[PDB]
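The structure to be discussed contains alafosfalin.
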Amino acid sequence: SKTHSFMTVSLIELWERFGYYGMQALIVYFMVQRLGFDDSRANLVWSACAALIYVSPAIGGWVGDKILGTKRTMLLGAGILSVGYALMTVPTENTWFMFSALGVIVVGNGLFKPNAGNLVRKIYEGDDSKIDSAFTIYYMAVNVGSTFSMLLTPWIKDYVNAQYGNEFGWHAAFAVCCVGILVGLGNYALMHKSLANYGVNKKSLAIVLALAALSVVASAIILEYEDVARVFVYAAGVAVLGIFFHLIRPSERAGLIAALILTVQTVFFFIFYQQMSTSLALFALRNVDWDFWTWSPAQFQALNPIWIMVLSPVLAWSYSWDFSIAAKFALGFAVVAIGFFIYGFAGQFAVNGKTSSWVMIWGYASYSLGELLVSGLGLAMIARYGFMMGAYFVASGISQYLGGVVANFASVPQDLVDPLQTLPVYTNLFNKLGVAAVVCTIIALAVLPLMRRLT
Ligand SMILES: C[C@H](N)C(=O)N[C@@H](C)P(=O)(O)O
Ligand SMILES: [Zn+2]
């Protein structure tokens, strides 16, 4: 009976991320192509949205576990997400229409993501090794879903734009997101009834919905106003750095210092990882050309889940059987390093103004493999000496915005359309970032003896 209970929760996650990534691939292009955003702001706005999205399940996790139901909060978040993309199907209107929609997605995410995952931790089966195996199948469930989205939505965006100019076009794609949610939540979520935590308090339901609407407003204001989010992130940074400042204040130092390095490396990693949704997505837009009527530049992001699915069974194959396998951080950075250098040396070979189509295929292959290697991100993994549920998680949220400030180094002015000139600024970033990625590789191994010391 464990199988059925896991199958449903996995299918809802599949369609949820279908809608989510189906939106992610296109949103930054939407701000640039349909709306008139410059890559500078487009990167910042999307990256602040990502920061909020990452940091969202913090509040909502506690909501489903202590305030309302786990299954109920999950279902609620899914409906909120549904109305989130529902808001994305209306034309242009005030710019504030989108920011609000994003804010709704923020809130929806926070109520779905942690609880849907909590169910997998609970049912099938609960306090067993099976959990780790389960979360991998669940991990794959995301990748299969986000595949069909990141391939269909830009294709539907392109196709509908050809039949009817501007509207729906992009909004047709956002409607695809919407109906995806209405497919997962609309079917699978009510097909089975599994046991959760609370199982509804109307006073608590109300106070939650009110605060959720308010959070949509507050998110919209941080997204629209560039400087506001900048201050919000800065404040969050002084916060995280302060917590670590109090934690370190002889024997505990061996773990804490290591954790401090780990968290910053995690921060570093998220920076690299955001590039593909930002700067690398923009680089790919200034090269729609594809060899391998199709194929759209946003479709390049789909390489990520596709590569993960094909490299996963390769990595699971192990001849081993030990301890301090934190060297996988270094390898990861190292593999990310050459990935960026692929884009770095893209300007040299295969260029007709600005070409290199396969450069994205092999590049993303390297990104996905590096992401695959740093799977043990766990906040408890760094906690060897317990304020990591905050400081670390928040730091990992802050980093998402930092990825946009780093993407901004490759921001092409709106008046610059000549691909022969856009190419170098992108490669110069990618060539720099690869080098920076080697620096972390060194960092990861320099901190290795500190992991050897505590054990
Ligand atoms: C599909 C994508 N590569 C992925 O696995 N994402 C998970 C880490 P998330 O959907 O929880 O961010
Ligand atoms: Zn170089």
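Chain A is numbered as in the PDB entry, which gives 9-207, 215-264, 268-310, 318-346, 353-416, 423-492 for the residues shown. When a ligand or atom number is given, it counts from 1 through the structure's own listing order.
- In the structure shown, the parts corresponding to alafosfalin are ligand 1.
- Here the macromolecule with the greatest number of atom pairs within 4.5 Å of alafosfalin (ligand 1) is listed in the PDB entry as Proton:oligopeptide symporter POT family.
- The binding-site residues for alafosfalin (ligand 1) (non-hydrogen atoms, 4.0 Å) are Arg25, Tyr29, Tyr147, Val150, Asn151, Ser154, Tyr291, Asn329, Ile333, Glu402.
- In the PDB entry, the organism given for chain A is Shewanella oneidensis.
- The search for other ligands and ions under 4.0 Å from alafosfalin (ligand 1) returns nothing.
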